[PDB]
Amino acid sequence: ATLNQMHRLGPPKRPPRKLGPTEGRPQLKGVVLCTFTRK
Amino acid sequence: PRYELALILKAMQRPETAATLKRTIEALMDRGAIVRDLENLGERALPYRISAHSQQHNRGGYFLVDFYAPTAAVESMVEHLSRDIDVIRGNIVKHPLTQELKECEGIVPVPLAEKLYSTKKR
Amino acid sequence: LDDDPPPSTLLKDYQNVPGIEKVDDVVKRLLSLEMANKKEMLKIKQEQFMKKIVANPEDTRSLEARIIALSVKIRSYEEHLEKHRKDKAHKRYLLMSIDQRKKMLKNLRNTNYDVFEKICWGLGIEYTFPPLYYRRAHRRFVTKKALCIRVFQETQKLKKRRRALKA
Amino acid sequence: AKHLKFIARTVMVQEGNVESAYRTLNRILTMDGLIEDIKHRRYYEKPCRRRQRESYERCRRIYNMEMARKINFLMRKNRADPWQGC
Amino acid sequence: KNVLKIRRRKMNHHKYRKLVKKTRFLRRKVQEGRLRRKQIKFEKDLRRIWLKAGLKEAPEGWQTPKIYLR
RNA sequence: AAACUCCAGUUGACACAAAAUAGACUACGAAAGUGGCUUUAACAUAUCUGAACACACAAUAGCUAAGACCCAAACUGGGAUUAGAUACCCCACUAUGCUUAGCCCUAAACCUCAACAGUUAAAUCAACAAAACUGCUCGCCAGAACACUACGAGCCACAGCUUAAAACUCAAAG
RNA sequence: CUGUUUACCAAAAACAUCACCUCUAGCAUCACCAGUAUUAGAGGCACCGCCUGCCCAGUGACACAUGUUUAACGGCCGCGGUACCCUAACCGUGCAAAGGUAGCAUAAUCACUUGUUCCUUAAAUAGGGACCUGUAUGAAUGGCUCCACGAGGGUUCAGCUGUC
Ligand SMILES: C[NH+](C)c1cc(NC(=O)CNC(C)(C)C)c(O)c2c1C[C@H]1C[C@H]3[C@H]([NH+](C)C)C(O)=C(C(N)=O)C(=O)[C@@]3(O)C(O)=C1C2=O
Ligand SMILES: [K+]
Ligand SMILES: [K+]
Ligand SMILES: [K+]
Ligand SMILES: [K+]
Ligand SMILES: [Mg+2]
Ligand SMILES: [Mg+2]
Ligand SMILES: [Mg+2]
Ligand SMILES: [Mg+2]
Ligand SMILES: [Mg+2]
Ligand SMILES: [Mg+2]
Ligand SMILES: [Mg+2]
Ligand SMILES: [Mg+2]
Ligand SMILES: [Mg+2]
Ligand SMILES: [Mg+2]
Ligand SMILES: [Mg+2]
Ligand SMILES: [Mg+2]
Ligand SMILES: [Mg+2]
Ligand SMILES: [Mg+2]
Ligand SMILES: [Mg+2]
Ligand SMILES: [Mg+2]
Ligand SMILES: [Mg+2]
């Protein structure tokens with residue numbers, strides 16, 4: 001992009017970091033509902 | 001401006017051609033035309049059979065009308081000739097002598113075109 | 001505002017030819033606009049406007065003369081489209097000429113306001129200032145504002161009816 | 001046709017040599033393009049197809065005329081080798 | 001270039017057109033409810049205006065036109 | 001094969017359809033597009049760039065009426081082929097292609113190569129393609145796929161178009 | 001949709017109707033009409049929006065030379081088998097002029113049935129939304145949506161009350 005275009009647009013911002021299954025938590029506490037095997 | 005009426009008539013006898021030519025020249029004048037000259041190219045056989053006004057024509061008298069008229073007179077004169085049953089075919093064109101032929105310098109042979117492909121080993 | 005150029009006027013090329021007053025009556029109409037194309041009439045119209053407005057009649061490369069020449073074309077395109085309503089190519093030529101004139105007029109206005117005023121008067125051109133926001137007026141908008149204007153007018157007619165409450 | 005008959009595409013037979021007349025007729029029709037036109041006019045050739053074919057034939061004529069010009073230019077050098085042995 | 005990426009869009013589009021065809025009447029019923037909720041949402045907004053502008057009723061002679069109809 | 005047999009073949013009269021040759025030319029137009037003849041009108045801007053908050057256009061196909069009917073023709077019906085043949089082949093015929101008046105606004109709308117001003121000097125230069133580049137500006141892009149999608153919004157468009165995501169999935173895609 | 005009807009047990013969902021479409025007719029001195037196919041008659045259907053599929057064998061009309069015609073009367077398939085079951089994209093065979101298309105479907109419609117499920121009541125054989133799917137739903141005998149309207153039939157909040 002040109003300098004005028006690079007100015008008009010500004011910083012590259014950032015994709016808001018998507019949370020993980022743990023929701024950004026080191027660990028989580030759950031209650032076993034069922035136990036099975038998956039291939 | 002200057003025009004030319006390529007007028008093919010119905011290969012009639014002198015009284016009728018003179019009658020027909022006079023009609024056409026007046027109808028030009030009636031629409032504001034200044035008729036410059038009238039030429040007789042002669043009665044030839046038609047290059048092909050022309051069917052006009054419920055008749056099959058094989059011969060016809062060729063005439064030319066050199067005239068000046070206002071640009072609006074062309075459509076009116078074109079329509080007028082449509083209804084004359086003694087005209088086999090009539091076309092109005094810009095006069096060919098109005099255009100000045102530009103001086104030509106000569107045929108210049110075309111050199112083979114170059115640098116169409118990169119000079120890399122394929 | 002509807003002054004039509006006389007049709008008998010001689011061509012711009014044969015106007016100055018000396019001694020033309022002694023030619024035959026036929027020759028006069030062969031050298032007139034009657035026997036000429038529509039473009040020959042535009043040369044005369046441009047000549048008349050240029051001598052009326054432009055200070056130096058012979059200066060053709062001046063911003064003023066260009067606006068005159070461009071205004072005669074705009075006139076010629078508008079008449080062409082009056083008969084040929086679906087000539088989209090000439091419709092495009094008109095809208096581009098008009099924008100190029102506004103562009104010439106914006107420059108002249110900002111450089112020589114003196115002659116800018118002379119042009120706008122002689123050619124009947126009314127310079128308008130371009131709108132700021134070119135926004136589409138769809139229904140939802142065209143109704144919102146129409147209401148919001150009526151609401152404002154109603155609130156206006158409640159201060160009138162509250163200064164009469166101070167009484 | 002409104003034209004006169006027995007004028008166009010007409011060849012006279014000499015000494016009853018029909019084979020030679022029909023041959024010259026074929027040449028005339030081919031040399032003017034008629035034969036190839038009739039064959040291409042059997043089925044409609046769409047404008048995209050016509051342009052692809054005309055471009056191909058015109059690229060072909062150039063190449064063919066340039067190769068023919070190089071063959072004719074080098075034909076002189078097909079003579080016997082003058083330095084045979086070295 | 002191959003057309004492997006065109007062929008993906010080709011099938012996507014084909015399936016979508018067939019899907020719209022199969023459900024064009026279900027989709028029409030849903031679209032009618034949407035334009036209906038859309039007109040309500042429009043009126044609320046216009047209503048909100050004059051209520052915020054102190055007026056207790058719509059301006060005299062005002063009717064909210066049905067802009068989201070055919 | 002079915003089909004036609006009010007059909008074929010010479011000859012004559014006869015378009016509101018489409019425009020051999022020229023064209024081995026490379027012109028016009030902003031692009032779309034434009035190649036039978038005639039006439040009228042007519043092809044913006046005496047710096048450049050620039051509107052996805054605007055305007056005017058935009059092949060083909062479609063839609064709304066009103067006409068035209070030679071041919072070509074989706075659909076459809078027969079004949080054939082086939083394991084089937086909702087195709088490819090044959091015949092027939094329609095929407096449609098044409099005109100007029102409005103819509104619709106999409107293309108591999110691609111020469112996938114922006115406008116303007118310049119340079120062949122260097123180190124040309126990943127591959128291939130249509131050799132490598134400079135200045136300047138605008139417009140666009142930032143793994144794949146979900147997705148020419150959903151929601152929202154606008155639109156004469158109601159199976160439409162334009163804008164256009166996310167979740168789950170993958171370690172590749174290209 | 002306003003309208004219309006069984007004067008005296010039915011006012012209605014019945015009829016008409018704007019609209020759409022089919023049929024017939026090239027013409028004057030008494031209807032049509034002192035009109036002339038953008039007309040005028042005979043009918044269907046029912047504004048509008050989205051549509052109106054397939055069938056000309058039969059019966060009628062028209063052509064009566066092979067035929068044409070469904071917005072004419074009408075019609076619009078079976079028998080076996082195959083993914084646990086259900087169903088069959090699929091397979092076999094037969095039959096027809098065509099094999100019921102698009103839609104729509106627990107109801108002005110109803111075997112089972114007061115289906116099932118979601119709402120609704122404390123309680124629903126009611127009503128609404130869906131799903132199942134049609135003894136025998138279905139496209140101008142119009143099909144399906146929708147604004148407005150109705151002394152029409154039905155359901156209902158709140159209130160109201162001697163209806164109780
Ligand atoms: C006694 N049978 C013959 C019958 C009767 C009626 N109704 C009457 O008889 C009503 N009689 C009155 C008019 C009240 C006097 C019926 O209404 C029915 C049926 C048949 C069934 C068949 C059902 C069946 N399944 C789902 C159990 C089935 O497979 C079909 C089918 N088409 O193959 C059905 O459609 C079926 O569900 C059905 O609809 C039936 C009836 O409707
Ligand atoms: K009543
Ligand atoms: K019920
Ligand atoms: K229920
Ligand atoms: K009533
Ligand atoms: Mg009674
Ligand atoms: Mg009464
Ligand atoms: Mg009684
Ligand atoms: Mg009563
Ligand atoms: Mg009724
Ligand atoms: Mg209707
Ligand atoms: Mg029907
Ligand atoms: Mg069905
Ligand atoms: Mg229900
Ligand atoms: Mg029953
Ligand atoms: Mg049943
Ligand atoms: Mg039935
Ligand atoms: Mg019927
Ligand atoms: Mg109403
Ligand atoms: Mg009433
Ligand atoms: Mg009611
Ligand atoms: Mg109560």
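First the proteins, then the strands, lettered A, B, ... as listed; each starts at 1. Remember, it's 1-based here, ligands and their atoms both numbered in the order they're listed. Cropped entry; intra-crop contacts only. The basis for the numbers below is simple: all heavy atoms, side chains too, and nothing from hydrogens, waters or symmetry mates.
With darapladib, rilzabrutinib, tigecycline, inobrodib, vaniprevir as options, the drug found at ligand 1 is tigecycline. Bound to tigecycline with the largest number of contacts is the chain that the PDB entry calls 16S mitochondrial rRNA. Other chains in heavy-atom range of tigecycline (under 4.0 Å): G.
As recorded in the PDB, the organism behind RNA chain G is Homo sapiens. Within 4.0 Å of tigecycline, judged by non-hydrogen atoms, the site holds G/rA111, G/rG134, G/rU135.
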